[PDB]
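Entry featuring sulindac.
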Amino acid sequence: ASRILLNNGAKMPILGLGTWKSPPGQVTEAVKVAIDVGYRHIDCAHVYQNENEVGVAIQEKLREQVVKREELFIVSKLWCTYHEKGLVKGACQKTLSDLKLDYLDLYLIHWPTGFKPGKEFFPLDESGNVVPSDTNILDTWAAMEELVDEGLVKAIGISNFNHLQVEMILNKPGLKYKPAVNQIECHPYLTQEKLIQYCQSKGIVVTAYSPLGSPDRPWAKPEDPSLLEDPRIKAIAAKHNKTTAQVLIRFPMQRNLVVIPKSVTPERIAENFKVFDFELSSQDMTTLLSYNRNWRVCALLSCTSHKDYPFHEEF
Ligand SMILES: NC(=O)c1ccc[n+]([C@@H]2O[C@H](COP(=O)([O-])OP(=O)(O)OC[C@H]3O[C@@H](n4cnc5c(N)ncnc54)[C@H](OP(=O)(O)O)[C@@H]3O)[C@@H](O)[C@H]2O)c1
Ligand SMILES: CC1=C(CC(=O)O)c2cc(F)ccc2/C1=C\c1ccc([S@@](C)=O)cc1
């Protein structure tokens, strides 16, 4: 069952390709291979610094008539330095330009935290803390809504929002378009039951990022755990004649989540897609859920004093 119906009426493929850390000289081939082997959803962001190269791939596959534009589901994200209402459209248009698209299927507020505008993605002061902007979630949301009305994006959503921040938007005076998606970190070590149930209860689809535990994240430490090497998960994969990665990808799918594993390795791109031919039992699902440790690999530790930092709240 390969697409989920969003609250904007569009169908989103439940498996997509992640692109954070995909080197610019490797990501065009990664996305080409992905489309060839059946991916129809690509997760992008301006801050990843590789959208031009992602776009080359998409355009070549459209030109080759491997796929039609309406069959693709392209996602990107508004970076923190563009939260001011007057900057949102230009940020979207830069992403559209780089991706070689005339619309996005989904555009997310990447984080609830606005930063001072400028050339620096992470403008810093002396204490190691980010320089905020005096922007707020609701005004940025209104600017996102304008993108729908101007035809630049088919759906808007959020990422890394806690349930109180989602509630803020849902309670917005004059709300025109509800968020379609909340994209959050989710894997067996950070199972997210409370936030997922909240979002799903509101008709908001959850996308699970870092489903393999982001082993390539640049701040990984040698003592940190590794989902791909967890012998309990290895054992579940063996029972099914699948890889650990395949179990880690199938897991969120069975929770009615979208999942976006990243790879630049052609064999793994193909492996990661081969997750529609097996099912985890309910007992296996509950067992995987039992591995939760509240272990977050993307904690945005330079922004813990920002007024809108999302991870002080329980969920
Ligand atoms: N919204 C947000 O704030 C946010 C935050 C984080 C991530 N995301 C999105 O979510 C995507 C996925 O998360 P992520 O990039 O953090 O990490 P991930 O998908 O959990 O893990 C990617 C790592 O796993 C490796 N890998 C992939 N498939 C494998 C397989 N079958 N066997 C063994 N190793 C495998 C990759 O290696 P190779 O590439 O070398 O094959 C890479 O090192 C991102 O790329 C981005 O699109 C969003
Ligand atoms: C969590 C995270 C992500 C993941 C993502 O969105 O997919 C990311 C992606 C990028 F392209 C660049 C930075 C980040 C980041 C956190 C982070 C990194 C360095 C700093 S420096 C200011 O010390 C601060 C925060």
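The chain is numbered in sequence order, starting from 1. Quick note: numbers below take in every heavy atom, side chains included, and nothing from hydrogens, waters or symmetry partners. Every number for a ligand or one of its atoms is a count from 1 in the order of the listing.
- The ligands or chains that make up sulindac in this structure: ligand 2.
- Structurally, the main neighbour of sulindac is the chain that the PDB entry identifies as Aldose reductase.
- At a heavy-atom cut-off of 4.0 Å, the residues contacting sulindac are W20, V47, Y48, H110, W111, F122, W219, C298, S302.
- Close contacts of sulindac with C298, meaning ligand atoms under 4.0 Å from a residue heavy atom, involve 1 (C).
- Taking every heavy atom of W219 and a limit of under 4.0 angstrom, the matching atoms of sulindac come to 1 (C), 2 (C), 15 (C), 16 (C).
- Under 4.0 Å from sulindac, there are other ligands or ions: ligand 1 (NADP nicotinamide-adenine-dinucleotide phosphate).
- Of all atoms in sulindac, listed by their number and element, those nearer than 4.0 Å to a heavy atom of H110 are 5 (C), 6 (O).
- Atom 11 (F) of sulindac has as its closest protein heavy atom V47 O, 3.1 Å.
- In terms of protein heavy atoms, atom 21 (S) of sulindac is closest to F122 CG, 4.4 Å.
- In chain A, UniProt substrate-binding residues less than 4.0 Å from sulindac by heavy-atom distance: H110.
- Among protein heavy atoms, the minimum distance from atom 10 (C) of sulindac is reached at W20 NE1, 3.4 Å.
- By the definition of a contact as any protein heavy atom under 4.0 Å away, atom 6 (O) of sulindac is in contact.
- Within a heavy-atom distance under 4.0 Å, sulindac reaches the following UniProt NADP(+)-binding residues of chain A: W219.
- Inclusion of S302 in the set of residues having an N or O under 3.5 Å from an N or O of sulindac is not warranted.
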